[PDB]
Structure formats: C-alpha cells, structure tokens
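Figure: testosterone in its bound pose on Aldo-keto reductase family 1 member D1.
Index from 1, following the sequence. Just so it is clear, the values below take in all heavy atoms, side chains as well, and ignore hydrogens, waters and symmetry mates. Atoms within each ligand, like the ligands themselves, are counted from 1 in listed order.
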Amino acid sequence: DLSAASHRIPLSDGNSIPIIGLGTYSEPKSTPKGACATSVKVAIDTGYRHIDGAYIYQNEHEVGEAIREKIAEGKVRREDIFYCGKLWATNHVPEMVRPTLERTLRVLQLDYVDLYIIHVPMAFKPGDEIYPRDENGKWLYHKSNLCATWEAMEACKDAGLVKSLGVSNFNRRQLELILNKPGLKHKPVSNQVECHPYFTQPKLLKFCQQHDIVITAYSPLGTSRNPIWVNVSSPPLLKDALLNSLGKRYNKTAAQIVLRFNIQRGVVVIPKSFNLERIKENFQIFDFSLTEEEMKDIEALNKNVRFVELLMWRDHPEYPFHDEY
Ligand SMILES: NC(=O)c1ccc[n+]([C@@H]2O[C@H](COP(=O)([O-])OP(=O)(O)OC[C@H]3O[C@@H](n4cnc5c(N)ncnc54)[C@H](OP(=O)(O)O)[C@@H]3O)[C@@H](O)[C@H]2O)c1
Ligand SMILES: C[C@]12CC[C@H]3[C@@H](CCC4=CC(=O)CC[C@@]43C)[C@@H]1CC[C@@H]2O
Ligand SMILES: [Cl-]
C-alpha cells in the first residue's frame, strides 16, 4: 500500500492527502530568512508532497516561493502538491473568513489551497494582533460561533478557493457541533491535533474514524520543546527506551519509529525539520513496518498527557482539552 512514491490516503470528500508532510512552524526570532523556503525545496526533492503551514507562522511567502519554483522547473505539477493552511483565532468572524483565505492565496501566489482548517476553536479579538491580551495580560477572548464560522468556510470551497475543509484542536463536542449542523454542506475531512506515542489519541481517533475524519498528527515528534509554550515536564519523546530499542532492531532512529507508528495506523504526520539530513531522515519510513506486537507496545506508551496543553487559554468557553476527548 504505502510507498515513497505513493502514500496518499482518501479524504471523505473524494480528495486525498499524503500521509506525511513537512511542518513549517519555526520561531520567527531565531530562524534565518529563507530557511523555510530552502527546506520546502529539499522536502519536495526528497519526495514530500504535503506541506503544512499557516499565515501566522510568518513564512507562508517562503512556502509559496518554494512550491512555485518546483512547479516552474517541472519537479511537480500543482495537483501533485498538497498545501494545508489555517484560519487563526483572530479571523473567526464570518465576514473575515474569505478575505483571510484570499490573503493566504495571495501570499502563496496560488489559486487554491488543498486544505484550509480552523486553527483553534477559540476566537480572539479581531485586529492586527495575533495574540491580543490587555495591559494586565488578560487574553481578549472574542465570542466564538463555530457554526457561522464554518458556513463562511463552506462558501470558500463553493467558490473553488480550497479543495477540502477541516479543523484543528477540536474536541468531540466541537466536532459534533459541526457534524450535527442544520444544512451542513461540507463536513470536516480532517482534524489536526497533537498526536504521538505518548498520546495516541485513542478516543478522538475512534470518534473521528466513525465520521470518516482523518487525524493529522501535529508535533508528531514531540515538539521542539520550547518552554515558553511547551510543557517541558515530560521527558523528551525521542529518548523513550522502547522507541530507541525498536530503532536498533530496524536500524532506524526513534523519530522514524515514531513516524512509522502513526502512519501505519492511518494517521497523517507533519514533522517539522529545517535541517537537510533530518528532512530526509523523517521521510525514510516506507521501507519497513512495525509488527502488531510492536504497534501495540508503542500504543501502550500512551501517557494520555499533552506536550501542548495551552493552559494560558484554559479559561476560554471553547478550550478543547477539558473533555475526556
Ligand atoms: N494545529 C496546531 O495547532 C499546530 C500546533 C503545533 C504545530 N503544528 C504543525 O505541526 C508541525 C510539527 O509539529 P512541531 O513543529 O511543533 O514539532 P515536531 O514536528 O514534532 O518536532 C519538531 C522538532 O524536532 C526536530 N526534529 C525534526 N526531525 C527530527 C529528527 N528526525 N530527529 C530529531 N529531531 C528532529 C526539529 O528541529 P530541526 O528543524 O532542526 O530538525 C524541531 O525542533 C509544526 O511545524 C506545524 O506545522 C500545528
Ligand atoms: C505560545 C505562543 C502563542 C501560540 C503559538 C506559539 C508558537 C507555536 C504555535 C503554533 C501554532 O500553530 C498554534 C499557536 C502556537 C502554539 C507561540 C509562542 C509564543 C506565544 O505565547
Ligand atoms: Cl490567519
């Protein structure tokens, strides 16, 4: 089934998604200009056909640049590349959804995105600020209306600006909001959430699977562990003894074991690397497979704890992480 040259899996709207892509979030402060563009190019040369991005990562112009260069030289056609962009919290107001997607299209200089997803279920104060809190540091929460925001998303697909629609960081209750929606035109095909062997998302995955929603594993290698936003209490994922042990068995790194685990069970992974060797390393996951014994054993590593808990927002009506799943 899955191979380096062919590893796209079905989405419920008849489209398909490469089961591995390149993540592109990088701390703007300490990232060299051009590093994203260079990485996307290397990834495409390597065999990646899926790139995950977001306007708020401040490098979507580099993503577009890289994709267009590869199309221009004839490495890929547009239809061979799958780009996922994201609608941020400050742009949830229905009237803003389309202009927000149009900005991303203009930044990429592309005609459409393959997947456009609601970044988080929480709405913030609209404005030239990505993360708006007041002087006292109170997160200016805007009133969320997910159904109305989703309707604006649907109109974007109707207009042909995007092939597939999805969400990110949505719990069961939030997905059911959309799924049960009166007059639902386009159901979510994708839910992008933290996922890896310390958090196999067993319940959310079964639930998503019942509705033909595909899970995309963000931070599939356990994040870069930046303390200013990541929960550095847990030990680094790539140090797990089991994962490293299985690595030895297959002559593979802990990262490659981690990625293989998630794809082998139909979860899309979007590991981020701006390093030449590691970009290649992460893609080499089609020449082996894990035994049912091993898959079960890795699953069992499931802590049911999160590296990305977003505690600073736990007091938003739509905070997704309270429910069991
Ligand atoms: N929907 C959301 O809310 C959300 C949230 C977070 C992230 N995301 C998306 O998911 C993507 C990936 O998650 P993530 O960036 O947070 O973290 P990640 O992909 O799990 O891991 C990234 C970190 O691991 C390092 N790394 C990559 N490959 C490695 C390897 N083979 N061995 C050892 N280290 C390796 C990278 O450094 P180097 O670059 O130097 O290799 C980077 O520091 C993000 O870039 C973004 O696209 C989405
Ligand atoms: C946590 C943070 C706001 C949320 C950002 C985070 C960088 C990583 C990140 C990636 C996303 O795609 C969702 C939002 C987040 C989680 C930013 C770093 C500083 C700021 O406080
Ligand atoms: Cl946005």
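- The location of testosterone, copies and all, is ligand 2.
- Counting only heavy atoms of the protein, atom 21 (O) of testosterone lies nearest to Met312 CE, 4.2 Å.
- Looking from atom 19 (C) of testosterone to the surrounding protein, the closest heavy atom is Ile228 CD1, 4.1 Å.
- UniProt NADP(+)-binding residues of chain A with a heavy atom under 4.0 Å from testosterone: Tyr25.
- Taking only non-hydrogen atoms into account, the UniProt active-site residue of chain A lying closest to testosterone, to the nearest 1 Å, is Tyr57, 3 Å.
- For atom 8 (C) of testosterone, the nearest protein heavy atom is under 4.0 Å away.
- In terms of protein heavy-atom proximity, atom 14 (C) of testosterone is closest to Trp88 CH2, 4.1 Å.
- Nearest to atom 11 (C) of testosterone among the protein's heavy atoms is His119 NE2, 3.4 Å.
- Not one N or O of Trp229 is nearer than 3.5 Å to an N or O of testosterone, by distance alone.
- Testosterone lies nowhere less than 4.0 angstrom from a heavy atom belonging to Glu27.
- As recorded in the PDB, the organism behind chain A is Homo sapiens.
- Looking at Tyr218, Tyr131, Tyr57, it is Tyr131 that brings a heavy atom closest to atom 17 (C) of testosterone.
- Defined by non-hydrogen atoms within 4.0 Å, the binding site of testosterone is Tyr25, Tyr57, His119, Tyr131, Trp229, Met312, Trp313.
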